[PDB]
Number of protein chains: 6
Amino acid sequence: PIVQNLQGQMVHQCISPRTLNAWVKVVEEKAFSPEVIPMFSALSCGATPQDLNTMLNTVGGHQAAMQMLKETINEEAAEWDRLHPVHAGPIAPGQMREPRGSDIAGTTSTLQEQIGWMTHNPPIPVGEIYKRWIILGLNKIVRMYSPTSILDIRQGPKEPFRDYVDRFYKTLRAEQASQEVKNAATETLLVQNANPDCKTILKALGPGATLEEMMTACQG
Amino acid sequence: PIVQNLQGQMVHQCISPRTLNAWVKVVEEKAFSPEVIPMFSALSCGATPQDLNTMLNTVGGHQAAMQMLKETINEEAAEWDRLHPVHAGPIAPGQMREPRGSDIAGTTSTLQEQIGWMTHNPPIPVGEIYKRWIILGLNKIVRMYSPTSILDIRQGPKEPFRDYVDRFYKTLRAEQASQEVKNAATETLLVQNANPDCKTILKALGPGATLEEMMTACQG
Amino acid sequence: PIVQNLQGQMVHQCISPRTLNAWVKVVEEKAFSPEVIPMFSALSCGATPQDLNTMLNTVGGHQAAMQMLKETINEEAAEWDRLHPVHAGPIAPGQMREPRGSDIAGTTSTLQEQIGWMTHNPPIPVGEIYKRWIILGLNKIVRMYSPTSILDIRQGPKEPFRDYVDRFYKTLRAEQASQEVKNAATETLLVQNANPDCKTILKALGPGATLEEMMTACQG
Amino acid sequence: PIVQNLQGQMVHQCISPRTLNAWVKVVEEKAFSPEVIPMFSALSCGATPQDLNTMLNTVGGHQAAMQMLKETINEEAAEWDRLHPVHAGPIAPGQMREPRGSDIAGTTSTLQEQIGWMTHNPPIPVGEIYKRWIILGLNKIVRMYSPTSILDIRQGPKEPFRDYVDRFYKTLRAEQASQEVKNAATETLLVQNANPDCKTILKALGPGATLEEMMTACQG
Amino acid sequence: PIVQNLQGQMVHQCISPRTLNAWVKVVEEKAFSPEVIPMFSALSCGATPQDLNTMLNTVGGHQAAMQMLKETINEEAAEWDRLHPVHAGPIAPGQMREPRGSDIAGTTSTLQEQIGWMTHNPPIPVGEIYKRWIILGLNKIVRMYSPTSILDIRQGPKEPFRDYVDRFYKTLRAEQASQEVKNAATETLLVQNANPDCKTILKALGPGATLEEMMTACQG
Amino acid sequence: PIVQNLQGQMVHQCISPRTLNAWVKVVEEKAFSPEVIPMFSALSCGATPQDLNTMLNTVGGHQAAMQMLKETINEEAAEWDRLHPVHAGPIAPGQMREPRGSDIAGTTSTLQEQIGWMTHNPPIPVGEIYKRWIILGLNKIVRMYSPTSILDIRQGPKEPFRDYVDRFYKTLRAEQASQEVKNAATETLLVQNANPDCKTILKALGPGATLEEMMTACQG
Ligand SMILES: CC(C)(C#Cc1ccc(-c2ccc(Cl)c3c(NS(C)(=O)=O)nn(CC(F)(F)F)c23)c([C@H](Cc2cc(F)cc(F)c2)NC(=O)Cn2nc(C(F)(F)F)c3c2C(F)(F)[C@@H]2C[C@H]32)n1)S(C)(=O)=O
Ligand SMILES: CC(C)(C#Cc1ccc(-c2ccc(Cl)c3c(NS(C)(=O)=O)nn(CC(F)(F)F)c23)c([C@H](Cc2cc(F)cc(F)c2)NC(=O)Cn2nc(C(F)(F)F)c3c2C(F)(F)[C@@H]2C[C@H]32)n1)S(C)(=O)=O
Ligand SMILES: CC(C)(C#Cc1ccc(-c2ccc(Cl)c3c(NS(C)(=O)=O)nn(CC(F)(F)F)c23)c([C@H](Cc2cc(F)cc(F)c2)NC(=O)Cn2nc(C(F)(F)F)c3c2C(F)(F)[C@@H]2C[C@H]32)n1)S(C)(=O)=O
Ligand SMILES: CC(C)(C#Cc1ccc(-c2ccc(Cl)c3c(NS(C)(=O)=O)nn(CC(F)(F)F)c23)c([C@H](Cc2cc(F)cc(F)c2)NC(=O)Cn2nc(C(F)(F)F)c3c2C(F)(F)[C@@H]2C[C@H]32)n1)S(C)(=O)=O
Ligand SMILES: CC(C)(C#Cc1ccc(-c2ccc(Cl)c3c(NS(C)(=O)=O)nn(CC(F)(F)F)c23)c([C@H](Cc2cc(F)cc(F)c2)NC(=O)Cn2nc(C(F)(F)F)c3c2C(F)(F)[C@@H]2C[C@H]32)n1)S(C)(=O)=O
Ligand SMILES: CC(C)(C#Cc1ccc(-c2ccc(Cl)c3c(NS(C)(=O)=O)nn(CC(F)(F)F)c23)c([C@H](Cc2cc(F)cc(F)c2)NC(=O)Cn2nc(C(F)(F)F)c3c2C(F)(F)[C@@H]2C[C@H]32)n1)S(C)(=O)=O
Ligand SMILES: [Cl-]
Ligand SMILES: [Cl-]
Ligand SMILES: [Cl-]
Ligand SMILES: [Cl-]
Ligand SMILES: [Cl-]
Ligand SMILES: [Cl-]
Ligand SMILES: [Cl-]
Ligand SMILES: [Cl-]
Ligand SMILES: [Cl-]
Ligand SMILES: [Cl-]
Ligand SMILES: [Cl-]
Ligand SMILES: [Cl-]
Ligand SMILES: [Cl-]
Ligand SMILES: [Cl-]
Ligand SMILES: [Cl-]
Ligand SMILES: [Cl-]
Ligand SMILES: [Cl-]
Ligand SMILES: [Cl-]
Ligand SMILES: [Cl-]
Ligand SMILES: [Cl-]
Ligand SMILES: [Cl-]
Ligand SMILES: [Cl-]
Ligand SMILES: [Cl-]
Ligand SMILES: [Cl-]
């Protein structure tokens, strides 16, 4: 990663063993459950493209997911290059060349070029751009490896309301879109797919009930 | 988090893998027992709103609770906005715009704006305001997920007084309120719900007995 | 905690995850065995009142003990305030208000006021005063949760002398008082409650025998 | 390793017990699965040749592979020497002699000469040259210890498409080459070795299908 | 402990949770095997007397031994006092009073007086004097809790010579003395207590045989 | 150990708990397998003689090996003293006395004298000299505790060639000598003790076959 020293300079630091192991173990145990994204984002804090490639290369298995990840990265790399055509010319003494999509992904850039970009003034944050592409890719995988659709979450006749809302939002969290799309899913389904007893109770509460009020009203 | 380095400057640091892991593990093992609040408060020491969102996002399961958490956050954010009317105008070169509620919650603010607010002179401590909203929300979840009422905690005819006082205060701590009447639940409900043998001993102790005095008197 | 930076300034540091976990685990495994006090004292090195409250709030269970702890703290807080009546008046530019008992315990003080007190010149060590009150409270709990009295420690007819002295001083360590009180317990009981064979041997050694000499004399 | 301290100077540091342990454990559990290469590359960040030799020497077992590793290192060292002819002559007071192949490999160079090369201006990065030779050697070991060929990876008549793509790319990654024909193995061999049900679906998708599109189309 | 920071100043640091835990665990698993002494000496590197008392106080059980430890400490403290007669007189502004025995042991000295002594110019190293007394006491405990005498360590008729030498020196190390006669126990008692087959071989080796030569000669 | 601070000064640091435990555990689990030497060398990076004595004193068991270690050290100490006769005379204000063999081994030197030697300009590295003696001793123990001779490694009639080369070089690694001696062992035995099928294949390859080529030729 790139961290600040006490001189105020952004300097490269080695990825710690603890960071590597934490990422390997969290994929081992949680696969592509939705909480893998924040874990990956937090563990890759300050990462260079090299660090991000290190983390993704240490994943054992799920190689189909990892290949989808590369295809996502390549599309985002192609989009970056078409929005940032590089301008030919000698790079000046105090400068860095402009990065191409393959440079952000680390396939055509050295770690020293990545450090130069990330510690420049102003910085060109190839690590955070790459991370964006990867997390975009991981979001697709979480959505693809989600077993259940939001339309299939229906409260059982003896199922406690808390357990049902747990399943509802767990399912909703794995199909990532805008929250505009997730507010629409809730307003469309959460009360309508409650069991007949709780549904009649919540209809009387009206559309303005908070979730806390809905869960208290269907308590047992 | 934003911590002071070894020289006295407030710097951004990455959330550590141990901090991430410790918070995930505490929710896994303790759910919303009351001791999750101090663990969350201590593990989020110096957190930015991004750090707090990371921690909350790493929680697997309990998504009904996490949704209640967002609704509490949004209520407090709207209250913040109603108390901090917007002042339109170009932000001056040195300084930073006033934060809205969604900026404190981290949904419309970047990490660099959060660093800018938290390291300002004087600092606008968005991380601690956000943290205060979250703990307010987590306190509701603890209250709601507490199974038993204090009026149902009663000493068995053969149950040692110590175990009953353990159950009593464990319950009182989960059923959260101000000390206005929790102070009230002790000293009279604690005696009223003692078994007849210990209850008879505790009347003889008279008003003003310490809990140590009550526990010594009902040992045998 | 409050630690020294390399500038010579006492600065606040976040309580580490390792410190929190160590305290939670040691209470989980050792309850209120006497070695909980030094573990708590060492783990709370440099603690602010906030850190001490964090540690005690993370304890799961033993809530009867924790309430006795609060009653001890409140008595010590009441004693502090009666010995340190606060003097009204505007606090000067370079100063801190004088702390009340509730400020030392952290119920009416902010972490910033605790930092101001603890890093003042000279420091007013509210953290070490609070710790004193807490450890005073923990000593009462260790003494209350001790199963055996010193008068019941009697050497068995086939019990090795080392095992008996182990039990004797383990029991003596849980009833904390002055060592004047613990030297008196030893001189009164250790030889007199040895089994008849070892007792006759140790009577001949005389009152001036070291424990090492007594244990060699009753070896087997 | 040679890392930058908190002030900006390149200093030698001892390899940490966690780094040593992490590398030993990764070889123990993963042998020469492909993910051992990124683990070795990341754990050897900033390594001197002495550090790299230490890491390789801590490997227990797999001594046939480790001997192949030495033979690869020696071939690269001889290639280095043929490209860097020796210049005889007294080394000047300030500077350091040119490294031979055996010096990069650490067999004829001391740790202080390795520090001298790596902290020179400009640096001669013997640790990264050595690391590049080792990973070249470890890549051969992975290729050799890969049990299955990509031509033998075929989808079963009832095997889900996802599991087959997992096996396909896991295998392709172990059978190491350039993307010249690994790019080639995908998109046609991946389809050719699908079972007849999915194969029929994938012809209808036509050329240019993403892996996400192929995996969505053969879900059911 | 009192350690040097990154700038060259001697500063007080809190004993780490790992150091506390490591010492507790070592006593739990190894009791008073000889290797507890180096573990205690290394884990108490730079300790103040308060740190040493903390470590000793965290020991659960073995209270008979811990009481022997106090008696040894008190004997050494009295010897220290008899060699360092008190000089009455007001302590000058810059300097510190001379330490008594109880101050080195930490029973009549505060942590700040211990820091003052240890960081003085020249330093009065009360922590190392205290440590020396404790290890003297722990050495007595190891000697006393060693079950077997060196005269009872003898090679079985079918026991491999290596295992017997292992038992021999393991025992010799627990039965602690100076090398005046431990040097003596080897080379003649080691041969005398060998079984007749190996004993006959070792006479033929003659005086001056190394232990490697003896162990090679009694392999078969 | 002796580490560099940020002032450029070599300063003493306490041996970490993690370093102590790592060395104890690696001996516990791996005994004197050959990888114990690099683990010991890496874990004792920067060690003082005191640290090296600490590490070796913490080893439980294998006391016969540890005594052979002392005899090796004493021979190397005797050789050092006969090559470095100390010259009598007052030590100057800015100087350190010359170290004897017993000073390098730490039996007649204080930790402060070891720090003085190791941080002198130029340094006299008693820690690295001692380490050399110890590792010389550990090499003898690895060679003594090796069960199998190189002449007994013969490929089985159904044994895969990789497994046989594994055993061959594992055995060869435990009998440490020069690689001149280990190249001679390979050229003498590796092909000649292959099973009759693989032997005839490798004879045709000729003496110039790499190990990688030999292992591919005897694949199955
Ligand atoms: C960097 C990174 C780690 C990030 C970020 C990141 C950034 C912002 C926000 C956020 C913060 C505050 C509010 Cl008030 C809202 C909001 N209020 S609103 C308009 O009503 O929805 N929305 N947001 C998302 C925003 F801003 F993106 F829109 C937020 C989050 C929340 C943090 C959070 C998690 C939590 F558990 C509980 C909380 F109280 C807050 N995380 C999510 O909300 C994820 N989530 N998804 C869904 C579902 F799909 F089911 F609906 C559900 C959640 C849920 F909250 F967990 C809960 C069960 C419901 N995280 S990264 C690149 O890896 O992602
Ligand atoms: C979360 C966070 C931000 C915080 C804080 C925070 C802030 C202040 C205080 C506090 C400190 C000292 C006193 Cl004397 C009192 C007091 N004395 S009084 C006039 O009698 O009420 N009150 N308080 C709360 C105050 F100030 F809020 F009012 C306190 C606490 C205590 C700390 C504490 C915990 C403990 F175990 C034992 C202690 F001795 C002290 N924690 C609680 O008290 C929680 N608790 N709740 C109840 C119940 F509900 F059952 F009654 C019960 C407890 C209990 F003590 F554990 C015990 C069984 C009874 N914590 S953080 C930094 O931890 O992350
Ligand atoms: C900060 C903190 C961690 C502290 C402190 C703290 C401060 C000082 C001292 C101390 C130091 C040296 C001596 Cl010589 C005496 C002494 N010599 S004397 C006049 O003969 O008794 N007395 N003391 C206590 C003093 F000073 F307080 F009086 C001491 C201790 C000892 C440290 C110690 C522990 C140990 F195991 C073995 C040792 F050699 C020394 N710890 C105790 O002694 C606790 N203990 N209690 C009893 C019993 F009840 F059974 F008798 C028993 C012990 C015992 F020693 F373990 C042993 C079985 C007997 N600790 S804190 C706030 O959390 O407490
Ligand atoms: C060892 C080290 C020094 C390094 C490096 C290193 C350097 C660059 C790159 C890389 C980055 C981005 C893209 Cl877009 C491509 C690309 N896009 S492309 C035009 O389609 O080929 N190619 N590359 C390799 C490049 F640049 F070398 F060509 C890359 C990688 C990727 C990192 C990565 C891993 C991952 F899991 C998922 C990702 F999204 C990205 N790792 C690999 O690709 C390894 N891999 N191999 C194969 C196979 F053989 F099966 F095909 C397969 C993978 C796979 F991706 F895992 C997946 C199943 C398929 N690593 S380090 C720092 O880790 O220690
Ligand atoms: C506690 C502490 C403060 C200290 C120190 C401390 C100080 C010095 C020395 C030492 C160093 C080198 C030599 Cl050559 C000799 C020597 N050579 S000699 C002329 O033959 O006697 N003697 N010494 C002790 C000296 F100096 F004190 F005399 C030493 C030791 C050795 C270190 C060591 C341990 C080891 F395993 C193997 C080694 F090669 C060296 N440790 C011991 O020797 C302990 N030991 N005891 C006996 C027994 F009793 F059975 F005989 C046995 C050992 C044994 F070696 F393990 C082995 C089975 C035999 N430690 S600390 C820093 O660790 O925390
Ligand atoms: C500081 C310390 C930690 C050190 C060092 C240290 C110093 C240098 C070297 C070394 C480096 C590069 C080359 Cl190219 C050769 C070489 N090339 S050559 C002329 O053809 O043999 N030789 N060397 C040893 C040299 F220089 F000493 F001669 C080397 C090693 C290698 C490092 C290494 C280990 C490894 F696993 C795989 C590698 F590719 C490289 N370690 C060994 O080789 C140990 N080993 N022993 C034998 C056997 F006996 F079976 F043959 C076998 C090995 C083996 F390699 F593992 C493998 C199965 C064969 N380590 S310390 C004081 O604790 O030792
Ligand atoms: Cl780490
Ligand atoms: Cl890269
Ligand atoms: Cl894989
Ligand atoms: Cl989820
Ligand atoms: Cl509910
Ligand atoms: Cl960490
Ligand atoms: Cl955010
Ligand atoms: Cl009780
Ligand atoms: Cl930590
Ligand atoms: Cl507080
Ligand atoms: Cl509780
Ligand atoms: Cl005890
Ligand atoms: Cl005994
Ligand atoms: Cl470490
Ligand atoms: Cl080397
Ligand atoms: Cl799929
Ligand atoms: Cl720690
Ligand atoms: Cl003390
Ligand atoms: Cl042997
Ligand atoms: Cl450590
Ligand atoms: Cl020493
Ligand atoms: Cl031993
Ligand atoms: Cl081996
Ligand atoms: Cl093979």
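All chains are named by letter (A, B, ...) in the order of the sequence lines, taking the proteins before the strands, and each is independently numbered beginning at 1. What you see below is based on every heavy atom in this structure, not just the backbone, and it leaves out hydrogens, waters and symmetry mates. Both counts, for ligands and for their atoms, begin at 1 and track the order of listing.
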**Student:** What drug are we dealing with at ligand 5, do you know?
**Tutor:** lenacapavir
**Student:** Main binding partner of lenacapavir (ligand 5) in this structure, as named by the PDB entry?
**Tutor:** Capsid protein p24
**Student:** So, with a 4.0 Å heavy-atom cut-off, what else is touching lenacapavir (ligand 5)? Just the chain letters, please.
**Tutor:** E, F
**Student:** Which residues in other chains are near lenacapavir (ligand 5), meaning a non-hydrogen atom under 4.0 Å away?
**Tutor:** E:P38, E:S41, E:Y169, E:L172, E:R173, E:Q179, E:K182, F:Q50, F:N53, F:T54, F:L56, F:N57, F:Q63, F:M66, F:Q67, F:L69, F:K70, F:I73, F:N74, F:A105, F:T107, F:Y130
**Student:** How far is atom 6 (C) of lenacapavir (ligand 5) from its nearest protein heavy atom, and which residue and atom is that?
**Tutor:** F:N57 ND2, 3.5 Å
**Student:** Starting from atom 56 (F) of lenacapavir (ligand 5), what is the nearest protein heavy atom, named by residue and atom, and what distance separates them?
**Tutor:** F:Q63 NE2, 3.4 Å
**Student:** For atom 40 (C) of lenacapavir (ligand 5), what's the nearest protein heavy-atom neighbour? Residue, atom name and distance, please.
**Tutor:** F:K70 CG, 3.7 Å
**Student:** Distance to 0.1 Å, residue and atom name: give those for the protein heavy atom nearest to atom 32 (C) of lenacapavir (ligand 5).
**Tutor:** F:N53 OD1, 3.3 Å
**Student:** At what distance is the nearest protein heavy atom to atom 29 (C) of lenacapavir (ligand 5), and which residue and atom is it?
**Tutor:**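 Answer, as residue, atom name and distance: F:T107 CG2, 3.6 Å.
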**Student:** What do you think, any protein heavy atom under 4.0 angstrom from atom 25 (C) of lenacapavir (ligand 5)?
**Tutor:** no
